[PDB]
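Dual specificity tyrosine-phosphorylation-regulated kinase 1A in complex with abemaciclib.
So for chain A, numbering is the PDB entry's, and the shown residues are 134-410, 413-480, in order. Just follow the structure's listing: the first ligand is 1, and inside any ligand the first atom is 1. Keep in mind that the numbers below use all heavy atoms, side chains included, and drop hydrogens, waters and symmetry copies.
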Amino acid sequence: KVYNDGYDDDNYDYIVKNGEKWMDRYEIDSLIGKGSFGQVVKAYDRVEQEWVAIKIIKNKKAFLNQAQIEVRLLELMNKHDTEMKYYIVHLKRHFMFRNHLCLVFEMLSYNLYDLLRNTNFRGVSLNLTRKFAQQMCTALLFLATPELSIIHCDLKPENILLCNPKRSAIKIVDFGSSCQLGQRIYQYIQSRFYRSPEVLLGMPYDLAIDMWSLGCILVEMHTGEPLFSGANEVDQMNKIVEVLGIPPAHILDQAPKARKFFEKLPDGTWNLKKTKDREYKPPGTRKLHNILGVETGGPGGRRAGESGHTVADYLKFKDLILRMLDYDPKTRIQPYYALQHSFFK
Ligand SMILES: CCN1CCN(Cc2ccc(Nc3ncc(F)c(-c4cc(F)c5nc(C)n(C(C)C)c5c4)n3)nc2)CC1
């Protein structure tokens, strides 16, 4: 039995062959990534003499349709970013090849997990975190351009790639999960560790959900470890609550899924639910002040007396993160204002 004249496996994926040449132009090197959508391969573009990443979408209508939306968002961004100055990997071109949609990007070689793994998950410096944070806030600034109003919806270390000159810069990839404000209203979205309270609570959401993800990611960049590593949605919300306390009553009163996590008392206040069975630190007592080590030399005490890691520096970082982790999406800090924060001065 053959699929797509022998080009596909039994799962609608193009059968990648190291060394194959596509259209006398792309010399396929190796598989670099894979997922439900298809595959990403490393290839050498002989015409432009440069390494590229090619995202090969499955020969399957559902994934083709998803990726056609992705292409339209990338092309929209290209129309607003002729200088490629916003830390988003640029779509160079797209084409159909043997019944697969192919998106071609400049080739980057590492993600943020790779960088953290090289620190043995001890985290990078506050100085490097500051540079990456400014770059990510600049990307979010661009996405909130009114005509764009793009919600990435899947910010996580795997979708943040490193630029080849090392410690210079990161760039965002994977807009296959993204939508525009008021175009898709899917409810179980974001990667769980980076999932905002509004999404957990089943409430309406906007571009502020990406700023929540970014706050979580920035803490993880500096500490080496995920801030909120929930094994399921209840564990996820409970780990958020350990750090930030019970969400405001005016939010829980409007939340479809409030009762998945909390119970309203006759007093009108909200508490965590309890179970006949896990055990959590009391609400708000796992202080970000101590996660970051503001007064104790940073994470693990490893930054004691290091330039750019003074108590004053840590207090500005802590303040920015808490502004990104505001429970209220209407008052959570927005990209332009984050970029004006004293942490970046
Ligand atoms: C077990 C981990 N293995 C080995 C380590 N490896 C890290 C890694 C990841 C990516 C690259 N290279 C690269 N360069 C430019 C690009 F634009 C994309 C790109 C574009 C897209 F549109 C994507 N859409 C999705 C879903 N992905 C995912 C693959 C992130 C996209 C990636 N990728 N190099 C290394 C991961 C796999």
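The residues of other chains having a heavy atom under 4.0 Å from abemaciclib (ligand 1) are listed as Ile165, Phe170, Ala186, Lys188, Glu203, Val222, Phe238, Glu239, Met240, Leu241, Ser242, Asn244, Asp247, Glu291, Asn292, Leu294, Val306, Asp307. Listed in the PDB entry as the source organism of chain A is Homo sapiens. For atom 5 (C) of abemaciclib (ligand 1), no protein heavy-atom neighbour is present inside the 4.0 Å cut-off. Shortest heavy-atom distance from abemaciclib (ligand 1) to a UniProt active-site residue of chain A, with the residue named, rounded to 1 Å: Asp287, 6 Å. Of the polar atoms of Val222, none of the N or O atoms is found under 3.5 Å from an N or O of abemaciclib (ligand 1), judged by distance alone. Among protein heavy atoms, atom 32 (C) of abemaciclib (ligand 1) sits closest to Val306 CG2, 4.1 Å. Per-residue contacts place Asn292 under 4.0 angstrom from the following atoms of abemaciclib (ligand 1) (heavy atoms of the residue considered): 30 (C).
Each of the following atoms of abemaciclib (ligand 1) lies closer than 4.0 Å to a heavy atom of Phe170: 26 (C). Distances from atom 15 (C) of abemaciclib (ligand 1) to the protein include at least one heavy-atom value under 4.0 Å.
In this structure, chain A contacts abemaciclib (ligand 1) chiefly via UniProt domain Protein kinase.
For chain A, the UniProt ATP-binding residues having a heavy atom under 4.0 Å from abemaciclib (ligand 1) consist of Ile165, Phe170, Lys188, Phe238, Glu239, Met240, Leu241. At least one N or O atom of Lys188 sits closer than 3.5 Å to an N or O atom of abemaciclib (ligand 1).
Within abemaciclib (ligand 1), counting atoms from 1 as listed, the ones closer than 4.0 Å to a heavy atom of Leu241 are 11 (C), 12 (N), 13 (C), 14 (N), 15 (C), 34 (N). Considering only non-hydrogen protein atoms, atom 13 (C) of abemaciclib (ligand 1) sits nearest to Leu294 CD1, 3.4 Å. Distance screen at 4.0 Å: atom 28 (C) of abemaciclib (ligand 1) has no protein heavy-atom neighbour inside the cut-off. Near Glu291, with a cut-off below 4.0 Å to any heavy atom, the atoms of abemaciclib (ligand 1) are 30 (C).
Short contacts between abemaciclib (ligand 1) and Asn244, defined as distances under 4.0 Å to a heavy atom of the residue, involve ligand atoms 7 (C). The presence of a protein heavy atom under 4.0 Å from atom 36 (C) of abemaciclib (ligand 1) is confirmed. For abemaciclib (ligand 1), the atoms closer than 4.0 angstrom to any heavy atom of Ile165 are 3 (N), 6 (N), 12 (N), 36 (C), 37 (C). Residue-ligand proximity, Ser242 to abemaciclib (ligand 1), at heavy-atom distances under 4.0 Å covers atoms 34 (N), 35 (C). Set against the non-hydrogen atoms of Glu203, the atoms of abemaciclib (ligand 1) under 4.0 Å away are 22 (F). Distances from atom 2 (C) of abemaciclib (ligand 1) to the protein include no heavy-atom value under 4.0 Å.
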